[PDB]
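Structure of interest - contains PF-00835231 (bound form).
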Amino acid sequence: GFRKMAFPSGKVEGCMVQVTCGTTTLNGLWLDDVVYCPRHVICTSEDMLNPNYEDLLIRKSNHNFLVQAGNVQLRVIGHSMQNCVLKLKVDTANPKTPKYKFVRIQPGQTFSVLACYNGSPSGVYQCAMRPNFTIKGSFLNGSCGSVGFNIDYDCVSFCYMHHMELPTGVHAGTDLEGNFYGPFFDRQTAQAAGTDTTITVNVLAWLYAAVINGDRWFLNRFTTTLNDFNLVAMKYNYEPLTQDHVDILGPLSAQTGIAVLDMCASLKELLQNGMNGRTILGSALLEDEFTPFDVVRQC
Amino acid sequence: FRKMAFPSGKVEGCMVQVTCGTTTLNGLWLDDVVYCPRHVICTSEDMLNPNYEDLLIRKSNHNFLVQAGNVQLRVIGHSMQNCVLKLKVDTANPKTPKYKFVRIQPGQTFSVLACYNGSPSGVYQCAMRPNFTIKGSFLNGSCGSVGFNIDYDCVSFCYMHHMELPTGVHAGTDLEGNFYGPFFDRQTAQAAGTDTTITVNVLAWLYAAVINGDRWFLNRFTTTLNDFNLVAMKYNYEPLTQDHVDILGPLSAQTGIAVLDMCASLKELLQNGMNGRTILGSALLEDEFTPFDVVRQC
Ligand SMILES: *[C@@](O)(CO)[C@H](C[C@@H]1CCNC1=O)NC(=O)[C@H](CC(C)C)NC(=O)c1cc2c(OC)cccc2[nH]1
Ligand SMILES: *[C@@](O)(CO)[C@H](C[C@@H]1CCNC1=O)NC(=O)[C@H](CC(C)C)NC(=O)c1cc2c(OC)cccc2[nH]1
């Protein structure tokens with residue numbers, strides 16, 4: 001079996017709180033004695049239309065912020081702003097703070113999302129940072145401040161804080177230093193994303209996952225050069241495949257005994273011939289949201 | 001719409017490892033009892049055709065190694081209930097959530113927390129197929145991993161993992177140790193019955209499409225439940241039960257499309273095909289989203 005698998009979310013759930021300023025409420029992330037949340041919590045609905053954030057934040061006091069961890073109210077004893085993230089200092093340390101790091105992920109990398117509402121975790125699922133710096137998430141009203149993360153030997157690497165749903169239904173957010181992924185900004189305005197492309201290295205990793213799980217129907221006897229593959233890939237709005245990608249796919253090629261460029265010839269055939277109503281690992285579409293690491297970790 | 005698992009933290013705090021001899025798997029620690037698959041008592045040779053009652057005779061409390069991480073929990077009693085072992089331990093788990101044990105029906109979904117050596121590794125949604133298998137993702141050492149739903153902070157445990165079939169799907173028990181489907185906990189190649197499509201979930205999917213403005217497939221016809229069930233079975237679809245009709249109630253009321261009107265719409269999709277059209281951006285009808293899943297994502 002091969003499934004989209006998220007990291008266990010317990011270490012993050014114990015950090016989710018509710019942050020309220022006036023009539024505006026969203027989720028916050030509580031690590032040690034700091035609560036991180038989207039800065040537009042300070043805005044009224046009219047402010048979000050065209051906010052001058054530094055001007056609005058100087059007009060706020062500590063007592064303007066209501067932070068709730070479960071039923072407990074944590075007193076704000078300080079506040080600062082880092083790009084699009086608000087940092088609320090509280091008088092209580094979160095006893096459940098995990099070992100953690102803040103990281104900015106690269107396009108094509110995956111992370112688990114813990115969707116939260118009113119400070120309470122609701123569901124967990126896997127997302128990839130798209131090449132156009134959106135993510136195809138599942139987020140409703142009140143999900144802002146939900147975070148994305150990876151977990152490596154008990155250490156949580158936070159990489160995403162949720163801010164926005166674009167008109168097309170995809171999602172946009174920041175790293176935990178408050179810098180958006182993509183050309184987006186935190187204003188109540190309709191924003192279009194750049195043209196998205198398909199994460200080629202992930203499609204290849206996923207075809208390897210299919211072979212590891214006993215499916216080989218898409219393979220062929222042909223091969224290709226790296227450049228000839230990249231010409232066809234770009235024609236189909238796939239990202240270029242680099243030699244670093246070829247190397248990263250090494251273990252999966254070694255595990256299956258299928259040279260990377262042999263697998264590229266397979267994908268090239270799938271792109272030019274379609275799948276003709278057949279299916280790969282249950283999907284009628286070429287899946288690009290598993291990294292080579294996601295495949296290795298699960299297989 | 002996407003497969004969304006429940007947050008797993010309340011279950012992570014219950015996972016332990018259980019070793020007997022050199023055989024290690026996962027267990028579930030609730031209050032002062034640890035639940036785990038009974039084949040932990042088997043030697044690899046014993047798994048081929050085990051007599052569990054005779055095997056358990058030769059076992060005492062002191063043969064069982066229960067560890068939360070590396071911390072041993074002393075076993076003070078043991079008993080077998082169907083295919084699960086219940087180990088009484090001397091410590092009540094302080095992380096025990098409000099919980100119950102439930103036996104689910106085919107078509108219901110649940111989250112699986114995949115674990116190895118008592119350590120949670122990942123979480124994903126599964127659906128119980130009509131042939132009582134799940135399309136899981138399980139490696140060696142995963143037995144004892146559990147499936148669950150969370151409703152208002154109460155965790156309903158429904159699945160404990162035991163087996164991978166030759167076809168690569170998975171089989172297990174409820175938390176009273178009764179297998180889902182015609183399977184046995186022995187080292188033998190077992191086949192499941194032919195599977196079918198989960199009709200009630202396809203209907204839930206069509207409701208989700210209507211909710212989102214995608215309703216070209218709505219027809220001008222209706223059907224009786226009996227007539228629909230007879231036609232569905234000729235397309236390898238599950239027949240609907242009265243319980244299925246009632247769990248579609250909220251979606252029916254929300255859209256104003258009667259359940260039997262949606263059945264007639266599905267009946268036309270089965271007999272005439274989609275004619276190269278899509279529903280929620282897909283040529284295939286999805287059968288792994290329950291009416292509850294649709295409500296929770298919409
Ligand atoms: C937050 O929870 C805000 O606290 C909210 C999350 C989205 C709501 C629906 N789905 C979500 O993921 N985010 C927003 O509401 C943001 C707020 C900004 C950053 C100040 N705004 C949008 O996502 C937004 C605004 C508009 C829009 O206007 C006009 C027009 C079209 C799309 C759109 N998205
Ligand atoms: C547990 O980890 C075991 O404690 C393991 C989990 C599977 C291993 C690979 N993926 C899994 O989900 N379970 C087993 O190995 C069980 C043990 C039984 C219940 C005693 N056995 C099988 O899953 C099994 C045995 C055989 C078989 O024999 C011969 C032939 C074909 C398939 C098969 N599966």
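We name chains A, B, ... by the order of the sequence lines, and we start the count at 1 in each one. Values below: all heavy atoms of this structure, side chains included; hydrogens, waters and symmetry mates excluded. As the structure lists them, so they are numbered: ligands from 1, and atoms in each ligand from 1.
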Report, using the naming of UniProt, the chain with the greatest number of heavy-atom pairs under 4.5 Å to PF-00835231 (bound form, ligand 2).
3C-like proteinase nsp5
4.0 Å heavy-atom contacts of PF-00835231 (bound form, ligand 2) by chain:
B
Identify the binding-site residues of PF-00835231 (bound form, ligand 2) using a heavy-atom cut-off of 4.0 Å.
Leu25(B), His39(B), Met47(B), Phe138(B), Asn140(B), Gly141(B), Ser142(B), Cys143(B), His161(B), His162(B), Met163(B), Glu164(B), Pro166(B), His170(B), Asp185(B), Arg186(B), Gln187(B), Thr188(B), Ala189(B)
Near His161(B), which atoms of PF-00835231 (bound form, ligand 2) are under 4.0 Å from a heavy atom of that residue?
11 (C), 12 (O)
Using UniProt active-site annotations for chain B, which residue is nearest to PF-00835231 (bound form, ligand 2), and how far is it in heavy-atom terms, to 1 Å?
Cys143(B), 2 Å
Please identify which atoms of PF-00835231 (bound form, ligand 2) are closer than 4.0 Å to at least one heavy atom of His170(B).
12 (O)
Quick check on contacts: which atoms of PF-00835231 (bound form, ligand 2) are under 4.0 angstrom from a heavy atom of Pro166(B)?
32 (C)
Under 3.5 Å between some N or O of PF-00835231 (bound form, ligand 2) and some N or O of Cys143(B)?
yes
When you compare PF-00835231 (bound form, ligand 2) with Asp185(B), is there at least one nitrogen or oxygen pair between them that comes in under 3.5 angstrom?
no
I'm curious, in chain B, which UniProt domain holds most of what contacts PF-00835231 (bound form, ligand 2)?
Peptidase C30
Would you say PF-00835231 (bound form, ligand 2) has an N or O under 3.5 Å from any N or O of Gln187(B)?
yes
At less than 4.0 angstrom from any non-hydrogen atom of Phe138(B), what atoms of PF-00835231 (bound form, ligand 2) do you find?
10 (N), 12 (O)
Is there a polar contact between PF-00835231 (bound form, ligand 2) and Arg186(B), counting only N or O atoms under 3.5 Å apart?
no
Suppose I only count heavy atoms of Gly141(B) and a 4.0 Å limit; which atoms of PF-00835231 (bound form, ligand 2) are within that range?
2 (O)
Which residue and atom, if any, anchor PF-00835231 (bound form, ligand 2) through a covalent bond?
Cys143(B) SG
Identify, by atom number and element, the atoms of PF-00835231 (bound form, ligand 2) in contact range of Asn140(B), meaning under 4.0 Å from any of its heavy atoms.
8 (C), 9 (C)
